[PDB]
Chemist: 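For reference, this is 5-lipoxygenase-activating protein solved together with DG-031.
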Amino acid sequence: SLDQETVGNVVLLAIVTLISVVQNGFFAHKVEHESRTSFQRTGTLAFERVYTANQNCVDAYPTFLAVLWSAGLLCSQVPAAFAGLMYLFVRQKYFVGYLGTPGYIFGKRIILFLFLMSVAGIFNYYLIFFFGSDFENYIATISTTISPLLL
Amino acid sequence: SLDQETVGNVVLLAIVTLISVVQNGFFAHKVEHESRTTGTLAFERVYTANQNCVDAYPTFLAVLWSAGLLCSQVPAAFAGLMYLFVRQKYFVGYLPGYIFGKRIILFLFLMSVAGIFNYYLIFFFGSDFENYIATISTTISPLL
Amino acid sequence: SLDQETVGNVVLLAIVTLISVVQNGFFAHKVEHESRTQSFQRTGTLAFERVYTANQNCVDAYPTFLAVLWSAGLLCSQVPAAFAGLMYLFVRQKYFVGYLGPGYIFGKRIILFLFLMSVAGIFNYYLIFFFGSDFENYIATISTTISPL
Ligand SMILES: O=C(O)[C@@H](c1ccc(OCc2ccc3ccccc3n2)cc1)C1CCCC1
Ligand SMILES: O=C(O)[C@@H](c1ccc(OCc2ccc3ccccc3n2)cc1)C1CCCC1
Ligand SMILES: O=C(O)[C@@H](c1ccc(OCc2ccc3ccccc3n2)cc1)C1CCCC1
Ligand SMILES: [Ca+2]
């Protein structure tokens with residue numbers, strides 16, 4: 001329903017979000033599959049490994065999505081989207097590592113890079129805003145100075 | 001802060017999201033009610049159910065808004081309202097397996113993909129129209 | 001990507017969101033550190049379990065927080081929403097620390113406040129929409145009767 005110009009600024013970010021959704025579903029399926037071989041949080045050693053891995057991924061996901069969209073909207077879409085893809089590859093390798101484990105946190109540098117893009121984007125906005133208001137006051141001061149000349 | 005036309009494109013999705021928040025709160029309250037009193041069977045049941053609901057919420061929200069913004073608001077919002085009904089019955093039944101509302105999520109995913117495909121069709125058609133006019137403008141240039 | 005006018009309507013909410021990201025990272029670091037005193041599991045030392053549960057309680061709440069923060073910020077008014085969001089990050093920090101040395105829920109009133117803002121904004125949208133619809137009908141009713149000059 002949104003306009004053509006807006007969608008073009010977010011389409012790549014949407015694609016990566018949607019792929020991350022497929023991955024979320026894959027992780028969730030692996031939890032379901034290992035639970036079947038009533039649902040509890042405790043069980044077989046194999047189940048607890050998958051459940052933990054999934055939980056570790058779920059915990060970090062809203063953070064990832066927040067920095068993905070911040071970076072993609074405020075800074076530049078392509079690099080953010082590419083880093084978003086890189087995150088998903090790292091997620092996959094992290095999750096598979098538990099199916100043998102790695103620690104609690106993963107993909108620190110990608111989240112950091114996306115966070116850095118978001119800060120760079122906010123600084124960029126303010127540089128343009130202060131430039132715009134500096135240009136506005138410059139015209140308004142001249143208009144008062146040039147005021148008697150045009151009569 | 002947003003303008004009238006944009007809010008009209010999200011208002012239904014926003015309402016559905018707010019109802020889910022109330023539902024999230026209700027589940028959380030239910031945990032708190034049992035927490036103050038692998039522990040007790042009663043507490044473990046509510047905590048796990050809530051935990052399963054919380055786990056899937058970001059994904060739900062991602063595909064709800066993707067579908068609503070990229071494809072069409074009404075069907076996405078309605079499917080979202082259906083998720084909340086299914087989710088309520090899933091949580092109450094605990095007091096099933098790990099996953100619920102599988103098909104609604106899939107449907108919202110398919111809407112999003114259909115919306116992206118729709119975007120690309122309009123884009124490539126627009127650039128073709130641009131090139132078409134540019135061609136005739138070059139052909140009928142000297143006749144002016 | 002986004003235009004200067006739009007960013008201006010979301011910059012404060014973005015800032016509050018990025019600080020919550022830093023806070024989430026801080027909490028996750030607190031889980032990572034205590035997990036190395038222990039293969040990663042959910043159950044272990046009383047020190048690890050308390051930090052893990054604390055983080056988990058915050059993580060359970062976070063998507064609801066973002067939902068109400070942005071709804072309030074975009075549909076009602078940016079400044080108070082971001083301010084309320086910033087208060088949530090303060091209360092949340094007090095919650096996490098105190099948990100290591102409160103129950104499951106925290107920051108209810110801020111969540112409720114951001115929720116009510118969102119509802120208030122939606123109602124405000126419908127007030128302006130129906131007024132704009134009635135104004136459009138009012139001009140049409142005059143135009144159709146004045147048409148024979
Ligand atoms: O397992 C299937 O059949 C699929 C599937 C699985 C789940 C779906 O949505 C529910 C859902 C979604 C995300 C969640 C995240 C955390 C916890 C539960 C969650 N639950 C839809 C399709 C997957 C198989 C290969 C990729 C998709
Ligand atoms: O007093 C109460 O129980 C209410 C309440 C409860 C919580 C609130 O926000 C914090 C919050 C929000 C969502 C969460 C999701 C998961 C875990 C904790 C969460 N924590 C606000 C009002 C509920 C009463 C019926 C519905 C709301
Ligand atoms: O620990 C570091 O060195 C940083 C760092 C950098 C990137 C991280 O991942 C993103 C992330 C964000 C939130 C999460 C929530 C739950 C599980 C994983 C999560 N993962 C984490 C920490 C900072 C953390 C606070 C001060 C240092
Ligand atoms: Ca969780």
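A note on names: the letters A, B, ... follow the listed sequences, proteins ahead of strands, and every chain is numbered from 1. As the structure lists them, so they are numbered: ligands from 1, and atoms in each ligand from 1. What you see below is based on every heavy atom in this structure, not just the backbone, and it leaves out hydrogens, waters and symmetry mates.
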Chemist: State which chains or ligands correspond to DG-031.
Modeler: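 Every copy is at ligands 1, 2 and 3.
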Chemist: Could you check which other chains have heavy atoms less than 4.0 Å from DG-031 (ligand 2)?
Modeler: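 Those with a heavy atom under 4.0 Å: B, C.
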Chemist: Which of the transmembrane segments that UniProt lists for chain C, numbered from the N terminus, come under 4.0 Å from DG-031 (ligand 2) by at least one heavy atom?
Modeler: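 Non-hydrogen atoms that close: UniProt segments 2, 4.
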Chemist: Counting from 1, what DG-031 (ligand 2) atoms have a heavy atom of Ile105(C) closer than 4.0 Å?
Modeler: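 Taking each heavy atom of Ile105(C) in turn, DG-031 (ligand 2) has 7 (C), 10 (C) under 4.0 Å.
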Chemist: Does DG-031 (ligand 2) have a heavy atom under 4.0 Å from the side chain of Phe115(C), from its backbone, from both, or from neither?
Modeler: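 Neither part.
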Chemist: Among all protein heavy atoms, pick out the one at the shortest distance from atom 17 (C) of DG-031 (ligand 2); state its residue, atom name and that distance to 0.1 Å.
Modeler: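 The protein heavy atom lying closest is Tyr104(C) OH, 3.3 Å.
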Chemist: Check whether any protein heavy atom sits under 4.0 Å from atom 13 (C) of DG-031 (ligand 2).
Modeler: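 Protein heavy atom within 4.0 Å of atom 13 (C) of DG-031 (ligand 2): present.
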Chemist: Counting only nitrogen or oxygen atoms and a 3.5 angstrom limit, does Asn57(C) reach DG-031 (ligand 2)?
Modeler: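 Looking only at distances, the answer is no, because the N/O contact criterion of under 3.5 Å is not met.
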Chemist: Hey, is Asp60(C) touching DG-031 (ligand 2) through its side chain, its backbone, both or neither, going by heavy atoms under 4.0 Å?
Modeler: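 Near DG-031 (ligand 2), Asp60(C) shows its backbone as well as its side chain.
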Chemist: Among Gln56(C), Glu32(B), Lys108(C), which one puts a heavy atom closest to atom 1 (O) of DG-031 (ligand 2)?
Modeler: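 Looking at heavy atoms only, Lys108(C) sits closest to atom 1 (O) of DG-031 (ligand 2).
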Chemist: So if I count the atoms of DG-031 (ligand 2) from 1 in the order they appear, which ones are less than 4.0 Å from some heavy atom of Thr64(C)?
Modeler: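 Every atom of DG-031 (ligand 2) under 4.0 Å from some heavy atom of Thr64(C): 12 (C), 13 (C).
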Chemist: Any idea which atoms of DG-031 (ligand 2) are less than 4.0 Å away from a heavy-atom of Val22(B)?
Modeler: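 Here the atoms of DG-031 (ligand 2) in question are 26 (C).
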Chemist: For atom 19 (C) of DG-031 (ligand 2), which protein heavy atom lies nearest, and how many Å away is it?
Modeler: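 In this structure, atom 19 (C) of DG-031 (ligand 2) has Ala28(B) CB, 3.5 Å as its nearest protein heavy atom.
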Chemist: Any idea what organism chain C is from, going by the entry?
Modeler: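 The PDB lists Homo sapiens.
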Chemist: So, does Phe65(C) sit close enough to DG-031 (ligand 2) that a heavy atom of it is under 4.0 Å from the ligand?
Modeler: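 Per 4.0 Å heavy-atom rule, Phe65(C) does not contact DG-031 (ligand 2).
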Chemist: Considering distance alone, does some N or O of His29(B) sit under 3.5 Å from an N or O of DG-031 (ligand 2)?
Modeler: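 Indeed, backbone or side chain, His29(B) has an N or O that close.
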Chemist: Write out the residues of other chains lying under 4.0 Å from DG-031 (ligand 2), heavy atoms counted.
Modeler: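 By heavy-atom distance, those would be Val22(B), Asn24(B), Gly25(B), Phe26(B), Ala28(B), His29(B), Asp60(C), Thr64(C), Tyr104(C), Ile105(C), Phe106(C), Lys108(C), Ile111(C).
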